[PDB]
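Drug on board: pentostatin.
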Number of protein chains: 2
Amino acid sequence: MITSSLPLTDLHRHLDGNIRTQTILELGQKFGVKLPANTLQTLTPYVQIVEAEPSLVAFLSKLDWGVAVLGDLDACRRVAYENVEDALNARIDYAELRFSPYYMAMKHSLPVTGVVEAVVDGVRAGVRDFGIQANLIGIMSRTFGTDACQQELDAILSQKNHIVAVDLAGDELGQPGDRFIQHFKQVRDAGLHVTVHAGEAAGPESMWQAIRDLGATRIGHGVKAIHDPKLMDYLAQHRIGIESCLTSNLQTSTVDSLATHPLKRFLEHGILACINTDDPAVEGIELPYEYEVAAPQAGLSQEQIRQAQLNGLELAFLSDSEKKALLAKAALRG
Amino acid sequence: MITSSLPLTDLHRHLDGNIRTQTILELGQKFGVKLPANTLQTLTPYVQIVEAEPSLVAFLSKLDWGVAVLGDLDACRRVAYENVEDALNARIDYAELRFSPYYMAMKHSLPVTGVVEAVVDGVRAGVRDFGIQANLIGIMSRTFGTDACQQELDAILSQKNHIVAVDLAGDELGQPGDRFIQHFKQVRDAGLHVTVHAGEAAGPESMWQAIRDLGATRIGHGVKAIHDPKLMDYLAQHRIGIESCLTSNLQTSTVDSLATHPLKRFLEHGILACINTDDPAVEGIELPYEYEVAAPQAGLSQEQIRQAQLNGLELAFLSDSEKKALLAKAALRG
Ligand SMILES: OC[C@H]1O[C@@H](n2cnc3c2N=CNC[C@H]3O)C[C@@H]1O
Ligand SMILES: OC[C@H]1O[C@@H](n2cnc3c2N=CNC[C@H]3O)C[C@@H]1O
Ligand code: NA
Ligand SMILES: [Zn+2]
Ligand SMILES: [Zn+2]
């Protein structure tokens, strides 16, 4: 259960893996994109996980129809705006929305810098209209190779005043993190924070590399650390964040069952693990369900769920002043 | 792929497991039913399978919120009507819609005979407005016991001029078929056809009991027959229909993977097996997806998928005249 008197964060939330099916249908029709189906219920299985996919890359294909309908920059602004509304309705007080502008732009060859600007505009309008707090994380989609990721990084950095961090996401096995060392040097020299998807499809060596050579202070998933006691020791004493995504790990077959998900053992090890959605529309979940159903099925007690909620606040890419303010604001509730 | 020049049937399709999430929200608000969430995206994981459930009854719990909002007889009429529109939109030419009026009625204590009449009315209005062909199958929900099922059967038979068959559905292992012998004697005495959910959670012994003691000429699922070579010979020799539900069997964990689903081996044994949805809204699928994605993943060639499509026509609870007319109507398309 969500604790009302604590801020509720979502720190690992892909806005371009969270496109409403109704929006896919409308933009698909607006741009003449031939979709596999033409009603909400018949399109649902093509844009949403039906049962667990056998791999991370099989799961990633489910996001494709959502970005296939981004026919102009206004479409990207719309999806970004709608994502702020969805975060509000999911009870989130502070959301970090991550997005890959290269991935969003590639089906209709949109200008990647234009896509970054449109997403900034859409989230800014959404924050104004819906009243939650939000920050942006730019993703380098490793899947498309280092050259595409450099083009994507250039676009992200041109709006660095509005973006708090850069992420590495996509096909972890096919494009290991040691190919992006010089990309993340540019990220840190620009003063941005670093989170990295690691230890999901690949093993603990990917997490070590992200920590040591990419400068990650948060890791997306990180579930393979359960096999590396020294790594779990390091995560705890260096306060590296673990962005846990329970349903996502099931649906990529990264974790065979919630009963064996490592989140509970991470928390028992004093690791700063937090609870997140990942790709809510693709997965068919939202944040309250992860708290109310998934986390108890992963064996967490209510005390452990509250600890994880607090960890999300501590891990946010915010100043301590802003974290203080969020805690003090939520403490008046409940 | 669906074969356009062939009739498309759905013979195993629970109307009370196919209630639109938007309709759940609207009726929930109408009748003051406190739902676990209040928007489409947040309510979805509570009314739809997220990943495979560990058991049949864990899957069945996903249906509860849809029937919890059936606050009056007109709500039942509405979801029956909306079910015909959904079948039309799923490209179905002939649907057999099955429903448990006792289950629909129990949350708000509706008159069970009233629910049956409302469902007949709604499907009749839908068949008029949407133009497909449909029949009704009344379900005894074994889950609630022999007395409840007798009351349910009485209500179904009061409309037997508008219902073609009676089914047994629910918790198969908790309420075995041998408890309902007298119920299905009444079904056959009234002249109705018999289909039985069997060989899903229990073994092939349950399928034998349905055939020999309940008089079933079609079996819902029947996936455990793959372990009984004598039963497979019998199914083929006696033309006993097998109503296959690919996604459903994954989501109940009845079958470990589509590649190991028995549908392909059934067809190769000459068994009349057909492709169906089961509970499309709960599963997050629809019939074209089963044909286009699930069936190839189950290893079927296009030739076998076509044979399964023809098998659905042959297994329909229709006269040979009506089957000929369906074939003739579809033959002009493509
Ligand atoms: O935001 C879109 C980009 O992120 C990837 N992406 C989206 N969701 C995930 C991704 N990557 C890796 N792991 C699985 C899950 O956490 C796809 C695309 O490149
Ligand atoms: O029509 C609603 C009734 O049918 C049951 N029911 C609904 N879907 C299924 C059911 N039963 C058994 N097997 C799994 C799947 O095929 C639930 C309720 O009793
Ligand atoms: Na779902
Ligand atoms: Zn992610
Ligand atoms: Zn069924």
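Each chain gets a letter, A, B and so on, in the order the sequences are listed, and its residues count up from 1. Side-chain atoms are counted along with the backbone in the values below, which use heavy atoms only and exclude waters and symmetry mates. Counting starts at 1 for both ligands and their atoms, following the listed order.
Counting repeats, the structure shows pentostatin at ligands 1 and 2. Of the chains near pentostatin (ligand 1), the one making the most contacts is recorded in the PDB entry as Adenosine deaminase.
Heavy-atom contacts below 4.0 Å between pentostatin (ligand 1) and other chains occur for A. The residue from A/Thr254, A/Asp16, A/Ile137, A/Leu15 that puts a heavy atom closest to atom 1 (O) of pentostatin (ligand 1) is A/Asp16. Residue A/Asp278 has at least one heavy-atom neighbour below 4.0 Å for each of these atoms of pentostatin (ligand 1): 8 (N), 9 (C), 15 (C), 16 (O). Annotation: atom 11 (N) of pentostatin (ligand 1) to nearest protein heavy atom, A/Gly170 N, 3.1 Å. Remark: pentostatin (ligand 1) atoms within the under-4.0 Å shell around heavy atoms of A/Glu200 are 12 (C), 13 (N), 14 (C).
Residue contacts with pentostatin (ligand 1), taken as heavy atom pairs separated by less than 4.0 Å, involve A/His12 solely via side-chain atoms from C-beta onward. Counting heavy atoms under 4.0 Å from pentostatin (ligand 1), residue A/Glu172 does not touch it at all. Looking from atom 8 (N) of pentostatin (ligand 1) to the surrounding protein, the closest heavy atom is A/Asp279 OD2, 2.6 Å. Remark: distances from the non-hydrogen atoms of A/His197 to pentostatin (ligand 1) include one below 4.0 Å.
If you number the atoms of pentostatin (ligand 1) from 1 as listed, the ones under 4.0 Å from a heavy atom of A/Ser141 come out as 3 (C), 18 (C), 19 (O). Each of the following atoms of pentostatin (ligand 1) lies closer than 4.0 Å to a heavy atom of A/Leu56: 12 (C), 13 (N), 14 (C). The option from A/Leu60, A/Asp167, A/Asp171, A/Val67 that lies nearest to atom 10 (C) of pentostatin (ligand 1), judged by heavy atoms, is A/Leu60.
Contact atoms of pentostatin (ligand 1) toward A/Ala169: 4 (O), 5 (C), 11 (N) (distance under 4.0 Å to a heavy atom of the residue). When heavy-atom distances to pentostatin (ligand 1) are checked against a 4.0 Å cut-off, A/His221 comes that close only through its side chain, counted from C-beta outward. The closest protein non-hydrogen atom to atom 6 (N) of pentostatin (ligand 1) is A/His14 CE1, 3.3 Å.
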